[PDB]
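Complex: cladribine / Deoxycytidine kinase.
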Amino acid sequence: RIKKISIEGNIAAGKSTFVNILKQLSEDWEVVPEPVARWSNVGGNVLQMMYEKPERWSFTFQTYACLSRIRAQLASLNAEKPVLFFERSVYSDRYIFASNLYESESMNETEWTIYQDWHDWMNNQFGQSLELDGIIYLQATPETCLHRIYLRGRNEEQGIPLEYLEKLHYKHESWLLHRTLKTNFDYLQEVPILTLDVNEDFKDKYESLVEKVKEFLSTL
Amino acid sequence: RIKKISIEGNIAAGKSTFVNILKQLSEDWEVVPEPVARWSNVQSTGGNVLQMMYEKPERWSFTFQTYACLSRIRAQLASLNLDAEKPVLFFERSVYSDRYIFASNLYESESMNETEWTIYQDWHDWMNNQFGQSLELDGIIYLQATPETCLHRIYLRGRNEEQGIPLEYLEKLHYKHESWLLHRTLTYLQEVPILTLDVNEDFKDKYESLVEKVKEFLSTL
Ligand SMILES: O=c1ccn([C@@H]2O[C@H](COP(=O)(O)OP(=O)(O)O)[C@@H](O)[C@H]2O)c(=O)[nH]1
Ligand SMILES: O=c1ccn([C@@H]2O[C@H](COP(=O)(O)OP(=O)(O)O)[C@@H](O)[C@H]2O)c(=O)[nH]1
Ligand SMILES: Nc1nc(Cl)nc2c1ncn2[C@H]1C[C@H](O)[C@@H](CO)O1
Ligand SMILES: Nc1nc(Cl)nc2c1ncn2[C@H]1C[C@H](O)[C@@H](CO)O1
C-alpha cells in the first residue's frame, strides 16, 4: 500500500514549492504535479481561455483539467513505506473550482449537471485506486495568495481578483478546516487532515513543516 | 457472451423504427435506444442540450459531444448486466459514430475549434479505453437512406429542435457513413462484418425482406 496524500490549497499558496521540497527528502516519497503545462498547451492555452472568458470556457476547462489530473494520478500508481503526494485532487476540482464557477454563473445549470454526472461516473470507475489516506492543507490568506500570483507572474493569472481567491479560500476552509462542506464522497468527512500555515515564506524555513508531515504520516 | 450489433444510419433513416420491429421478433433480441430523452431534458443520475447544440453549434457542440457519448456508454454498459440462448444486443449507433461521424463533422465545419477537438479526442480515447472494452462490436447494420429521404423523415417525425437542419448537413453525415461502412475508407473495426440495408422505401409494414437479411447476417457471425 502506497499511501496517497493530497496537497490542497488556494492558487499560489505554495503547493509546488512544498512538494518539490518533500520529494527531495525520501526515496520512498514521490509526487504527482498538477498537469499545468498540458493545460497551457493543449496556442491551445485552455487555462488562458477560461480566465479570459470563463462563461464560455469553464466547463471545457473543468472536463480537461480533471481528466488530465486523473490520468497523472493513475499513472503514478505504477519501497519501505511508499507515499504518493498528489497536487490537488478530483475533489477540489469539483467542490472547490467547478462549484465556485457554477455559483458565479460561469457555468449554467446544464453545464453543471453534465459536469457532476461526468465526475460521478469517472469516480465510480476509479475512486477505489485514488482513495486518499490523508490531506495536507497548505493554508494561506487570500492576500498572501494574490501576492504569490503576482510574484510567480503567470500571464493567464494576472487578471485574477482578490474576490475570486476569497471564494476559493472559503471553500477550502469550509471543506478542510470547518469540515462543513458536503461532498458526494462520505469518507472524505473522516479522512485525516494536516493543516499548515504557509503565510510565511517557507522556502528556507521548512524544518518545522516537514517535522509536522512526518509526524502526521506516522499516524496513518 | 452477447453478440453486440450497432445499427448505424443518418438522422431519421429509421433506426428506432427498425430496432422496435427487431425487439418484438425474439426473446433473445434486446435493444439499447439512443438516450435522446436524456438529451432533451438534462437531468442527473431542465436544459435541452440537443436544442442548444442545433441553435448554436459553435458554442454547444463540444458540450453536446461529451454528454451524448457518456450517456450512450452508460446506456450500452447497463444493457450488458440477457440467460438467453442466442442473445443479440442491438445498439442504436455506437461510440464510433459519435466520434468519427458526428464530432469529426462538427470540427470539419468549424463548430468545434482545435482545442475542443483535441480535448474531445483525448477524452474519447480514455473513456473508450477504460469503459468500452466490453462494448466491442460483433457486427454493424447500416440503414442506408439518401440525404433527401432523411430530410423528409425529419419533417415527418417533427422534432422541434431538428426543423432547421439543412440538406447539406445531412449530406456531410451521409458521406461519413458511406466512407466508413460502404467504401471502408474512413479509425478491429476495419474487420467487423457489415450488413447494408436500403431503407429508402418505407418499411414500417414491409420489412420481412429486411428482417430475413438480418437473421441471415446474424447467422454468419
Ligand atoms: O515559501 C514560498 C512559497 C512560494 N513562493 C512563491 O510563490 C509562488 C507560488 O508558489 P507555488 O507555485 O508553489 O504555488 P502553487 O500554486 O503550486 O500553490 C511561486 O512563485 C513561488 O516561488 C515563495 O516565494 N516562497
Ligand atoms: O419506414 C419508415 C421508417 C421511418 N419512418 C418515420 O421516419 C421518421 C424517422 O424514423 P426514426 O425515428 O426511426 O429514425 P432514426 O432517427 O431513429 O433513424 C419517423 O417519423 C418514423 O416514423 C416511416 O414513416 N417509415
Ligand atoms: N478545476 C480547476 N478549475 C479551475 Cl477554473 N482552475 C483550476 C482548476 N484546477 C487548477 N486550476 C487553476 C488554478 C491555477 O490558476 C492553475 C494551476 O493550479 O490552474
Ligand atoms: N454524437 C452526436 N453529435 C451530434 Cl452533433 N448529434 C448527435 C449525436 N448523436 C446523435 N445526435 C443527434 C442526431 C439526431 O438529431 C438526434 C437523435 O439521433 O441526436
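Naming convention: chains lettered A, B, ... in sequence-line order (proteins, then strands); numbering from 1 in each chain. Read the numbers this way: they start at 1 and go in the same order the structure lists the ligands and their atoms. If you check the header, you will see the structure was determined by X-ray crystallography, 1.8 Å.
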query = Where do all copies of cladribine show up in the model?
reply = ligands 3 and 4
Other chains closer than 4.0 Å to cladribine (ligand 3) by heavy atom = A
ask   = Which chain residues come within 4.0 Å of cladribine (ligand 3), judged by heavy atoms?
value = A:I11, A:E34, A:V36, A:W39, A:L47, A:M50, A:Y51, A:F61, A:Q62, A:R69, A:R88, A:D93, A:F97, A:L101, A:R154, A:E157, A:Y164
key: Where cladribine (ligand 3) meets A:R88 - atom numbers and elements under 4.0 angstrom, heavy-atom basis   = 10 (C), 18 (O)
query = What protein heavy atom sits nearest atom 5 (Cl) of cladribine (ligand 3), and how far away is it?
reply = A:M50 SD, 2.8 Å
request  = Mark up the atoms of cladribine (ligand 3) that fall under 4.0 Å of a heavy atom belonging to A:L101, in ascending order.
outcome  = 5 (Cl)
request  = Say whether A:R154, considering both its backbone and side-chain N or O atoms, lies within less than 3.5 Å of an N or O atom on cladribine (ligand 3).
outcome  = no
ask   = Is there a nitrogen or oxygen of A:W39 sitting under 3.5 Å from a nitrogen or oxygen of cladribine (ligand 3)?
value = no
message = Help me out: UniProt ATP-binding residues in chain A, which have a heavy atom under 4.0 Å from cladribine (ligand 3)?
response = A:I11
query = Tell me, which protein residue and heavy-atom name are nearest atom 14 (C) of cladribine (ligand 3), and how many Å apart are they?
reply = A:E157 OE2, 3.4 Å
key: Distance filter under 4.0 Å to A:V36 heavy atoms, resulting cladribine (ligand 3) atoms   = 17 (C)
Active-site residue (UniProt) of chain A nearest cladribine (ligand 3); heavy-atom distance = A:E87, 7 Å
query = Nearest protein heavy-atom contact for atom 9 (N) of cladribine (ligand 3): which residue, which atom, what distance?
reply = A:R69 NH2, 3.6 Å
task = State the atoms of cladribine (ligand 3), each with its element, that fall below the 4.0 Å cut-off from a heavy-atom position in A:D93.
result = 1 (N), 2 (C), 9 (N)
key: Protein contact of atom 17 (C) of cladribine (ligand 3) - nearest heavy atom, named by residue and atom, plus distance   = A:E34 OE1, 3.3 Å
query = Where is the nearest protein heavy atom to atom 12 (C) of cladribine (ligand 3): which residue, which atom, and how far?
reply = A:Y51 OH, 4.0 Å
Organism in the entry for chain A = Homo sapiens
request  = Distance to 0.1 Å, residue and atom name: give those for the protein heavy atom nearest to atom 3 (N) of cladribine (ligand 3).
outcome  = A:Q62 NE2, 2.9 Å
inquiry  = Please check whether A:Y164 reaches cladribine (ligand 3) - meaning an N/O of the residue sits under 3.5 Å from an N/O of the ligand, judged on distance alone.
reply    = no
message = I'm comparing cladribine (ligand 3) with the natural ligand. Which residues that UniProt lists as binding substrate in chain A have a heavy atom under 4.0 Å from the drug?
response = A:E34, A:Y51, A:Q62, A:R88, A:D93, A:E157
